[PDB]
Each structure stands twice: as C-alpha cells, then as structure tokens.
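Labels below follow one simple rule: chain letters A, B, ... track the order of the sequence lines, proteins then strands, and each chain is numbered from 1. The basis for the numbers below is simple: all heavy atoms, side chains too, and nothing from hydrogens, waters or symmetry mates. Atoms within each ligand, like the ligands themselves, are counted from 1 in listed order.
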Amino acid sequence: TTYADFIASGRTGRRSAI
Amino acid sequence: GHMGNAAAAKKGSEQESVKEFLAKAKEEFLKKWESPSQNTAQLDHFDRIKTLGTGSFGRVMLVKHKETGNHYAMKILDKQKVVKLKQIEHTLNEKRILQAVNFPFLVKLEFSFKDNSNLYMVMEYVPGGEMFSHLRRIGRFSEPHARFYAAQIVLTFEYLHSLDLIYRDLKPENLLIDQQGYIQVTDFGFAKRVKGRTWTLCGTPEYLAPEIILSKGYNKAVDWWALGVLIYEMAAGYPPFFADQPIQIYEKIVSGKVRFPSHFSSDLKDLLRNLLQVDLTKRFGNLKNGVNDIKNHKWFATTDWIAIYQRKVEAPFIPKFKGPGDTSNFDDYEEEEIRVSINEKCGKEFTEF
Ligand SMILES: O=S(=O)(c1cccc2cnccc12)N1CCCNCC1
C-alpha cells in the first residue's frame, strides 16, 4: 500500500533541507 | 454563471479590500525594512530553561524574562559557526525580515541582540510544537482540519508575496501550533526578496518544485507548489512524492504524475492537481487571477478568509498546555553551555544585526 511504501522509504521522520 | 449578482459583488469587494490591506501592509513593512530595530534586550534579562531545538541552524532555547516571568523562544547563533558555514547573509536577512513583517501567523520577534560570541533572536514562545509531531501522531488530518491550516498558509503567502518575499521553506516541521490552535511560521533563513526570478537550489526534497529541481530560474510559484505538497501531506499523512533517496523523489516530482488516496474528496484532488502542476503556465497561484484562483476554489468554499485572519474560527485542535513554560510538545535535547567569549568575534560581519 502507499502507506507501507512511505514507511519503507525511511523518510517518515523530520526531513532536513538539502 | 457561477455567482449571482450579490455573491459576485461581495467577492469583488472582498478582493479589492485585500488589495487595499496589502498596499498598506507593504508601506508598513518597507518602513521597518529600511530602518531595522537592533539591540532591544540583553542576555542577563533572561533565565535559560530548556533547549527546544538544535541543529545546523543553531539552537532555540526556552527562556524566561526575569522581570515579567514571560517565556520566549531564543534562537542562538554562534557567529564563528555562521561565518564558517557561509550563512552570514541568510542570518542577517532572516532577522531583518522577522523584525519588519507583521501578520498573525508569522512569529513575532520581541527582542534581538548580540554579544562577543553569539547572535540572539528572542521570539514569542509557541508552545504547541511542530505540526509535524501532531500529524505523525494523529496520522492524518481530516479535510476540514487540513483546510483550517491551509487557509492560514494561503493568507500568509498572500501577505509575503505582496512584499516580494518568497518563502521556500514550507513543510510541517517548520509550522508551529500556538495555544489557540493556529499556525505560526518561524523560519526565514531561505526567504528572499524576489520581485522577479531567483536561482538558488534550496529546500527539502519532498517539497521542491520541479523548476527548482530542474535548475531553472524560478519565482513565487514555488511556494504554491509547496502548499500543494503540504495540503496533500496533511490530508494523506504522507507527501505526494517520496522514495528511499532524494533522486528518486525528484524523478517523481518532475514526472507530472501524482496519485491520491481514495478518501480524498474530488474537490481536494482538483485543487491539488492545479497546485502540483509542473506546467508553470497552468499552476494555480501563477496565473492572471493570482491567489484568487486558490482562495475561490471549491475546496475553500466554506472558508471565511476574514474570520481566519481575525482568528475568530474555532480551531480543530488545541495542543495540551499545562502552563506558560510547558515544553511537553517539544523534544528533549542534550543541554549545552552558552559560552560568551571575553573577545568580540566577527564584529564587522554582523554590524547590521
Ligand atoms: O521550534 S523551533 O525550535 C522554534 C523556532 C522559532 C521560534 C519558536 C517559538 N516557540 C517554539 C519553538 C520555536 N524551530 C527551529 C527550526 C525548526 N522548525 C521549527 C522552528
């Protein structure tokens, strides 16, 4: 599922600027 | 047509009143922009309480003013570290913006000052913490809840853009929730006065507009793209474009394809397709009718823009608040010293602060 894909991305926490 | 006479007249009048408000607000901004305030307090006026945030951006600490007992959030920058990281202009510009703007959803700089070692911005303490935390906890916001926040961002960008300020740093991590449940925007390190185009690669991967990824000159329409990302993420619980690595995110952003959860309303999908529009000639917020294409969209049909601005709408969520210094909506961090050297550092660089 999309949610599971989000979890799998490893980008569920705070995201830094580039 | 879509509006009868009374509704059309009311909308027209409302839109003209926005123009009149913005013209006055620009006059007031430019006076403070040209004559910035400096040196309105000092460190020993405050007790240090707790670190509220820390990163390459510096530190933000909860402080208490000794005489009033009022709490504030004090951003502390190490002058030598700012110079080393080549952030002089961003640091000066952030403070210059914050002391010049005035809007109910932009954090207020109450005091600023510097000493031999550090720069200090003393802002109102916004006790509800980051939207990010609440969003990840609750999972996703219902559409009315997302809409309440989105409307505040629309008005804030309408204000900022009228001042020729591009924001560039929108994401839930950068939106705080106040004691009344309303939004506060605090971070202005990426903001820039831009009447036309600008070129810097800056932002956060999930929130980057395609034209930034593609190394184009770009304009305030990147903020409207980012609003689309934000609304999507608030309503879905995850952003529209994600992947293991930034390069894969960028490929999805530029593709012109976006998918939606089955629970999104058709009105929401239509708004998002028009914000998350890769074609700049078609993106809402970048057309002849400007912000009005957003404000007049069906998804916002229930939004009383003046009532939001006046903070007269009951918020969907009030963060827990135990007292003036409660920090329970922020994370815990190791507490480091605030060293002040006997010798002034980087004085010339920071004359304007
Ligand atoms: O929450 S902060 O520490 C913060 C900053 C400025 C004013 C604040 C006011 N109250 C609480 C926290 C505050 N923060 C730092 C950068 C990350 N994005 C959100 C702003």
Which drug or drug candidate is found at ligand 1? fasudil
List the chief contact partner of fasudil in this entry, with the name from UniProt. cAMP-dependent protein kinase catalytic subunit alpha
Around fasudil, which other chains have a heavy atom under 4.0 Å away? B
Tell me the protein heavy atom at minimum distance from atom 8 (C) of fasudil, and give that distance in Å. B:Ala73 CB, 3.5 Å
Less than 4.0 Å is my threshold; does some heavy atom of B:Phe330 fall inside it relative to fasudil? yes
UniProt domain (most residues in contact with fasudil) of chain B: Protein kinase
Would you kindly specify which portion of B:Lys75 sits under 4.0 Å from fasudil, judged on non-hydrogen atoms: side chain, backbone, both or neither? neither
Atom 7 (C) of fasudil [closest protein heavy-atom partner, distance rounded to 0.1 Å]: B:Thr186 CG2, 3.7 Å
List the closest UniProt active-site residue of chain B to fasudil along with its heavy-atom distance to the nearest 1 Å. B:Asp169, 7 Å
Any N or O of B:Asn174 that comes nearer than 3.5 Å to an N or O of fasudil? yes
For atom 19 (C) of fasudil, which protein heavy atom lies nearest, and how many Å away is it? B:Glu173 O, 3.3 Å
At a 4.0 Å threshold, what atoms of fasudil neighbour a non-hydrogen atom of B:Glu124? 9 (C), 10 (N)
Does any N or O of fasudil fall below 3.5 Å from an N or O anywhere on B:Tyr125, backbone included? no
With heavy atoms only and a cut-off of under 4.0 Å, state how B:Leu62 meets fasudil: side chain, backbone, both or neither. neither
For atom 13 (C) of fasudil, which candidate among B:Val126, B:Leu52, B:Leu176, B:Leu98 provides the closest heavy atom? B:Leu176
Fasudil contact on B:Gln184 by region, counting heavy-atom pairs under 4.0 Å: neither
Relative to atom 16 (C) of fasudil, which among B:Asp169, B:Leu175, B:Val122, B:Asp187 owns the nearest non-hydrogen atom? B:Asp187
Which residues does the binding site of fasudil contain at 4.0 Å, with heavy atoms considered? B:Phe57, B:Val60, B:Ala73, B:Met123, B:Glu124, B:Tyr125, B:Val126, B:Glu130, B:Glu173, B:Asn174, B:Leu176, B:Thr186, B:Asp187, B:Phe330
